[PDB]
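Numbered from 1 within each chain, the chains take letters A, B, ... in sequence-line order. Header lists the method as X-ray crystallography, 2.2 Å. One-based numbering, in listed order, for ligands and for the atoms of each.
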Protein chains: 2
Amino acid sequence: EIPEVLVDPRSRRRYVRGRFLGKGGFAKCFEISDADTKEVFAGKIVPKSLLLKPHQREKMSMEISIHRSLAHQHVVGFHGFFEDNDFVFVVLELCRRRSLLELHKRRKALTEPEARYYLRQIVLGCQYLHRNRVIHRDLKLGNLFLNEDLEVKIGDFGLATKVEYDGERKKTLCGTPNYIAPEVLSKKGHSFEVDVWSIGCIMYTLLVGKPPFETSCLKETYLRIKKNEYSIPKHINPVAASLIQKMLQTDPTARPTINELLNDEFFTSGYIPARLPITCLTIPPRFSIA
Amino acid sequence: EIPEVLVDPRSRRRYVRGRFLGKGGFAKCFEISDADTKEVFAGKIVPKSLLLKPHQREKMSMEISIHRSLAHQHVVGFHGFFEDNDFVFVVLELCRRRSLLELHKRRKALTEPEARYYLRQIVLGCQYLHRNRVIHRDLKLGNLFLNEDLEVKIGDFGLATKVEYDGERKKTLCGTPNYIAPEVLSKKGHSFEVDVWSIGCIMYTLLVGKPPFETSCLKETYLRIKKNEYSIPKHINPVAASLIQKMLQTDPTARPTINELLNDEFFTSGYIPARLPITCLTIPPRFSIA
Ligand SMILES: CN1CCN(c2ccc(OC(F)(F)F)c(Nc3ncc4c(n3)-c3c(c(C(N)=O)nn3CCO)CC4)c2)CC1
Ligand SMILES: CN1CCN(c2ccc(OC(F)(F)F)c(Nc3ncc4c(n3)-c3c(c(C(N)=O)nn3CCO)CC4)c2)CC1
Ligand SMILES: [Zn+2]
Ligand SMILES: [Zn+2]
């Protein structure tokens, strides 16, 4: 039922709707372009018909509120929002190379240098978020978008929350994140540490080629996370394996903090590419010297 | 994509598909009738296109396996199943008066006698299930169907499980039941007691007109159940209020067992109608003497 042109009274700007990119939650995303400046964007379009309950509205509202307040090289740029009477429209930075999920589907396990490269950017993005007292709470591969340079941009703040005062422990998380931290499952209160947990799973998945706690039943997976049941393959280098372990610990107080991470031996003693070639979307790089 | 006639090779029987009744989970339900004996049935029709994963298949399979093994006045009769290459078909006892959910929407709080009447039947149905080592695990209003006589028939065994040996504690429940017991949320293992818990909520809802632990966020509701946060209105009779309390306790070992229930003062000292008039679908009964 979505209009072909998206008009924002108050900004003046108009947007031609273009190609579908996908659908997550109540949203559909489209390439759109500022009919004037011809600049291209990702547009996230939620029908108000799925927002009849105040609780669902507040969530949509809270996502815009958090996302709007953020600007950083490795966070998906927020360029505005508006609504007509049937839709909410959110205009976001377009990432022309999809997400780490599609990369991982095509390459499974990456080379260490690739993993250093992406994890660094994920971590810088997340250092920014924690610095601003935002927990993302659903960092996973399909939320980690890639622009035309294969730079990471964290996106989808629909489960993100704001830490409102020191020592606050979030008691609930309304949603079912992918790489979900143990203290969320055991409802003991959670904070910034759940993100470091998710990055631990991401690091495992990037290095190993599969998620750490996969099973066929989601409820078994939860159980595994609860008991910290996972094993790191023997071929994963020990420095890398060490860092995975540090992050994937049941005790949130035990895990490194987002700022500790880039000082880990894993980064500081390994080669970190300055940039990757597009070939690496499909072909493992050998990082040859000349 | 569903055929207009449902044919079961092996039984011979054919069924004309008829009116939609509703849709829960992967299923759609239709009135159907044995094209020969003209007998009418409820048909539950699941598309194999939503059953591609082995885990989803096993659940469908487990529901038929449990439901098929059951016969009782207050359980929805199982009359067979079959499949073609695109659908599973399950032929069930038709309940022409929908469920306690539609009754509750129309009447909110019932009179005590009505509540005794329905709870008795729910309990007899459930005594049968426990006798056969089946936990239902999602007893709620929309699962409690009513035939043309306003007799209760427990239905939907899609979260039901079989207790395989004495003292077994089910560790997981793959699904999100409505009136969900605390020990399921705190993953401590659960057994027959979760059903008595659900009947406690049903009793509260039938007497009070709203569920005991309602909030606007499901995750807040869980939290409330976890801490046993609910209050019984002062006008609910004390005997009734007592029985609600006995059933809605955090400690599963503390709650009555399905067989203790009908001996409770709530039943044995109150008037229990032998039957209700259809008027009570819409009009509160006064149970006058002549
Ligand atoms: C899981 N996969 C699905 C497909 N993906 C995919 C596929 C194509 C894309 O565009 C281009 F072709 F230019 F590369 C892009 N690029 C792209 N760029 C910016 C955004 C999105 N996608 C996006 C967002 C959300 C959200 N929830 O907030 N979902 N999607 C994406 C809609 O899902 C936020 C803004 C991503 C990446 C994520
Ligand atoms: C939540 N409400 C929805 C509407 N209901 C409703 C409405 C109309 C009905 O038929 C008649 F008109 F004759 F009364 C009936 N009667 C009816 N009778 C037998 C069955 C069902 N419905 C049924 C089942 C399931 C399941 N999951 O296993 N879902 N539905 C029902 C499909 O949802 C199992 C077998 C129920 C009762 C439950
Ligand atoms: Zn499961
Ligand atoms: Zn919620």
query = If you rank chains by how many heavy-atom contacts each makes with ligand 2, which has the most, and what name does UniProt give it?
reply = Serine/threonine-protein kinase PLK1
key: Drug identity - ligand 2   = NMS-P937
request  = List the other chains that have a heavy atom under 4.0 Å from NMS-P937 (ligand 2).
outcome  = B
Protein residue, atom and distance nearest to atom 20 (C) of NMS-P937 (ligand 2), heavy-atom basis = B:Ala42 CB, 3.6 Å
task = For B:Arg97, take its heavy atoms, then give the atoms of NMS-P937 (ligand 2) lying under 4.0 Å from any of them.
result = 14 (F)
message = Can you report which non-hydrogen protein atom sits closest to atom 28 (O) of NMS-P937 (ligand 2), along with the distance?
response = B:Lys44 NZ, 2.8 Å
Shortest protein contact, atom 19 (C) of NMS-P937 (ligand 2) (heavy atom only) = B:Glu93 O, 3.1 Å
query = At what distance is the nearest protein heavy atom to atom 38 (C) of NMS-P937 (ligand 2), and which residue and atom is it?
reply = B:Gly142 O, 3.4 Å
message = Quick test: of every protein heavy atom, which one is nearest to atom 21 (C) of NMS-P937 (ligand 2), and how far off is it to 0.1 Å?
response = B:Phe145 CE2, 3.5 Å
request  = Among all protein heavy atoms, pick the one closest to atom 1 (C) of NMS-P937 (ligand 2) and tell me residue, atom and distance.
outcome  = B:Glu102 OE2, 3.5 Å
inquiry  = Help me out - I need the UniProt domain of chain B that holds most residues contacting NMS-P937 (ligand 2).
reply    = Protein kinase
inquiry  = Need the NMS-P937 (ligand 2) atom indices (1-based, order shown) with element for anything under 4.0 Å from a heavy-atom of B:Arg19.
reply    = 11 (C), 12 (F), 13 (F)
message = Tell me the protein heavy atom at minimum distance from atom 27 (N) of NMS-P937 (ligand 2), and give that distance in Å.
response = B:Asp156 OD2, 2.9 Å
task = Looking only at protein heavy atoms, identify the closest one to atom 34 (C) of NMS-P937 (ligand 2) and say how far it is in Å.
result = B:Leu92 CD1, 3.6 Å
ask   = B:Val76 to NMS-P937 (ligand 2): N or O pair under 3.5 Å?
value = no
query = Can you list the NMS-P937 (ligand 2) atoms lying under 4.0 Å from a non-hydrogen atom of B:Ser99?
reply = 37 (C), 38 (C)
Would you mind writing out a table of all protein N or O atoms found under 3.5 Å from any N or O atom of NMS-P937 (ligand 2), naming both atoms and giving the distance to 0.1 Å?
{"residue": "NMS-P937 (ligand 2)", "atom": "2 (N)", "partner": "B:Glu102", "partner atom": "OE2", "Å": "2.7"}
{"residue": "NMS-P937 (ligand 2)", "atom": "16 (N)", "partner": "B:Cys95", "partner atom": "O", "Å": "2.9"}
{"residue": "NMS-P937 (ligand 2)", "atom": "18 (N)", "partner": "B:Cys95", "partner atom": "N", "Å": "2.9"}
{"residue": "NMS-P937 (ligand 2)", "atom": "27 (N)", "partner": "B:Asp156", "partner atom": "OD2", "Å": "2.9"}
{"residue": "NMS-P937 (ligand 2)", "atom": "28 (O)", "partner": "B:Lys44", "partner atom": "NZ", "Å": "2.8"}

